[PDB]
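Pictured: angiotensin converting enzyme, co-complexed with L-captopril.
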Amino acid sequence: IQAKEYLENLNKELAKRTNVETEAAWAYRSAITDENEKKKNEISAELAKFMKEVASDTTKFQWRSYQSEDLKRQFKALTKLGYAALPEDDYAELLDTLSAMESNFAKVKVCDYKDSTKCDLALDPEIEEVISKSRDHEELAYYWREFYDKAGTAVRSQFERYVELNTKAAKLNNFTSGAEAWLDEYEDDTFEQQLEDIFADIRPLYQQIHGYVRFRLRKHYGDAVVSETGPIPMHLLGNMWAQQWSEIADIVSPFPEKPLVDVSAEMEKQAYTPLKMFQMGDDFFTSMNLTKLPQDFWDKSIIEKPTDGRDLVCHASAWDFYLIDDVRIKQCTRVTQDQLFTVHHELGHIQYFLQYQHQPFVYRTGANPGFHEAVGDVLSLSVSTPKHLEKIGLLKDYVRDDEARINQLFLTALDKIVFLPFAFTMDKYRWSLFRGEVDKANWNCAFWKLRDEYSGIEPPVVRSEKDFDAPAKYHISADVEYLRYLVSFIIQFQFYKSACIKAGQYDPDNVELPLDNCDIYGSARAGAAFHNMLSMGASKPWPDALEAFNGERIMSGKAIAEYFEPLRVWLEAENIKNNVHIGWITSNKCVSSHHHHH
Ligand SMILES: C[C@H](CS)C(=O)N1CCC[C@H]1C(=O)O
Ligand SMILES: [Zn+2]
């Protein structure tokens, strides 16, 4: 019998019913009120029951024996019930606990280090600016400590029941745990190992940047503050979680003398605005014959932090309302070079949305979560190059010295190479929890030992099992899988390298056309490749989506390394010239107790 009629009917409903859920999720996250929180959870509970019933109806159709896939593909996916598999009581309890951590994160406020009266400083604007600009280790320590105690510790209990229900829901779907359930999204039994492999190839590179940054930081802050051979004290790497270090390029770039690609201040001087930035981002896509932003986007998107005293979630995000042309972004945008990439990052999501609207709801997602987080980053890479920044006048007079090129790759290494091990630890940690590998009595150290092993970083002050820091990371609090980023930072280079080749910008043979300097801006063959891939949306396992992009079907490290080759070689020499220590000894920042009040 034909269920193509069934599925078509059903997807159309799901897309209708998810629309409702999406408007409540979006109202909440634009204005955190209990009422909005209640409506939001209400809708999901409702949707959850529909799914349960929709799931039992499919027992009618024995698709495990059907003929054509796609159809046979839509059932395997529509019957994979996530948290909705949980009985009524638990699903609701999960939503509550899930709401608790999300709003706790977003509602954090600390008191200004030099004015204990204020206490209205928030993470997005204020704190992120301090961690990023201050050069007083004691002040960055203050803000580190103040933020991790509120954002992580305060929500340890909820986080524990979250893992419990997460696990419960995963066994309810025939998965080993929540861990193996996330991995399933990549449809490949050897995925984790492929990633463990690639990380190994780039690690050596990671351990040359590490010792170097540590060299300057220690030269700048001093021996007493940063020690040689020891892991790098966070709070000093310019990022609350140390996932990216570009913010401290003013003190660790090898050539601050040679032009620094810091368009950030030339932006502010030119009166750049959030709106202008989105429009610039709209341009790149249309330049590539990609789809232009629809009218609902400019009408509904929130692109600047609301000015009232209301609470909201401001960790940038893009929304697919599952209709036709109703896509919106919510960003607390600021005029700075990092935010500029972010806009593009977000538009990468929007693009994908538009690219697969026609697809049956079930397939309206990304081929492999990795693909979703990479689109917009590929354009960002182009925008970051001297070529494209001069072309738009955000870099007046610039000379490609040679040692100016080193900066152009080094400033990129702090966000792209450096990130690889951070994102890997994020899920390795949550995987070890989902799997019963760790004892609740060691939950907070496993996280730090893990930040130690892979990143060589440690907290500003001693923490203990009394604290719980993992939740200080938005995604841990909001339950958002993180492996998608690791995969993105790898393959986004695979995309970029092919785009530039299809575009007349990259030639491996001769020079004058180096990978780190193509712009693909205005490239039609590029957007073309980007259309064959995006338009598919989950309709096929990812090896097929990629193959639609460049004929290849494998994920590899042959992209970042080739891109950062000139940097890697420049460092080895430099590290011997300065006698720079490589590698680090285990950390002494995870313990338990100890006070001097007798
Ligand atoms: C806003 C995006 C997701 S749409 C995000 O969370 N990113 C982008 C890069 C890293 C990571 C982060 O902020 O931790
Ligand atoms: Zn994203």
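All residue numbers given for chain A refer to the PDB entry; the residues shown span 23-620 in order. Recorded method for this deposit: X-ray crystallography, 2.4 Å. All ligand and atom numbering here is 1-based and tracks the order in the structure. Values reported hereafter were calculated over all heavy atoms of this structure, with side chains retained and with hydrogens, waters and symmetry mates removed.
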(message) So, L-captopril - where exactly in the structure, counting duplicates?
(response) ligand 1
(message) Regarding L-captopril, does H497 bring an N or O atom to under 3.5 Å of one of the ligand's N or O atoms?
(response) yes
(message) I'd like to know if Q266 contacts L-captopril, where contact means a heavy-atom distance under 4.0 Å to any ligand atom.
(response) no
(request) Please identify which atoms of L-captopril are closer than 4.0 Å to at least one heavy atom of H337. (result) 1 (C), 5 (C), 6 (O), 13 (O)
(message) For atom 2 (C) of L-captopril, what is the closest protein heavy atom, and at what distance to 0.1 Å?
(response) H367 NE2, 3.9 Å
(message) Tell me the protein heavy atom at minimum distance from atom 12 (C) of L-captopril, and give that distance in Å.
(response) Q265 NE2, 3.4 Å
(message) List L-captopril atoms under 4.0 Å from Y504, heavy atoms only on the residue side.
(response) 10 (C), 11 (C), 12 (C), 14 (O)
(message) Would you check which organism the entry records for chain A?
(response) Drosophila melanogaster
(request) Look only at interatomic distance and state if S339 has a nitrogen or oxygen under 3.5 Å from any nitrogen or oxygen of L-captopril. (result) no
(request) Report the other ligands and ions found less than 4.0 Å from L-captopril. (result) ligand 2 (zinc ion)
(request) Find the UniProt domain of chain A that dominates the interface with L-captopril. (result) Peptidase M2
(message) Pairs of nitrogen or oxygen atoms closer than 3.5 Å, one from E395 and one from L-captopril: do any exist?
(response) no
(request) Could you find the nearest protein heavy atom to atom 8 (C) of L-captopril and give me its residue, atom name and distance? (result) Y507 CE2, 4.0 Å
(request) Identify which UniProt-listed Zn(2+)-binding residues in chain A lie under 4.0 Å from L-captopril by heavy-atom distance. (result) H367, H371, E395
(message) Test your reading of the structure: does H371 have an N or O sitting under 3.5 Å from an N or O of L-captopril?
(response) no
(request) Report the part of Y496 (side chain from C-beta onward, or backbone N, CA, C, O) that has a heavy atom under 4.0 Å from L-captopril; answer both or neither where that applies. (result) neither
(message) If we only consider heavy atoms of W263, is any one of them less than 4.0 Å away from an atom in L-captopril?
(response) no
(request) Using a 4.0 Å heavy-atom cut-off, say whether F444 meets L-captopril through its side chain, its backbone, both or neither. (result) neither
(message) Evaluate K495 for polar contact with L-captopril, using N/O atom pairs at a separation under 3.5 Å.
(response) yes
(request) Go through L-captopril atom by atom and flag the ones less than 4.0 Å from a non-hydrogen atom of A338. (result) 1 (C)
(message) Could you check which residue UniProt calls active site in chain A sits nearest to L-captopril, and how many Å separate the closest heavy atoms?
(response) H497, 3 Å
(request) List the residues forming the binding site of L-captopril, heavy atoms under 4.0 Å. (result) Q265, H337, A338, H367, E368, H371, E395, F441, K495, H497, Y504, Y507
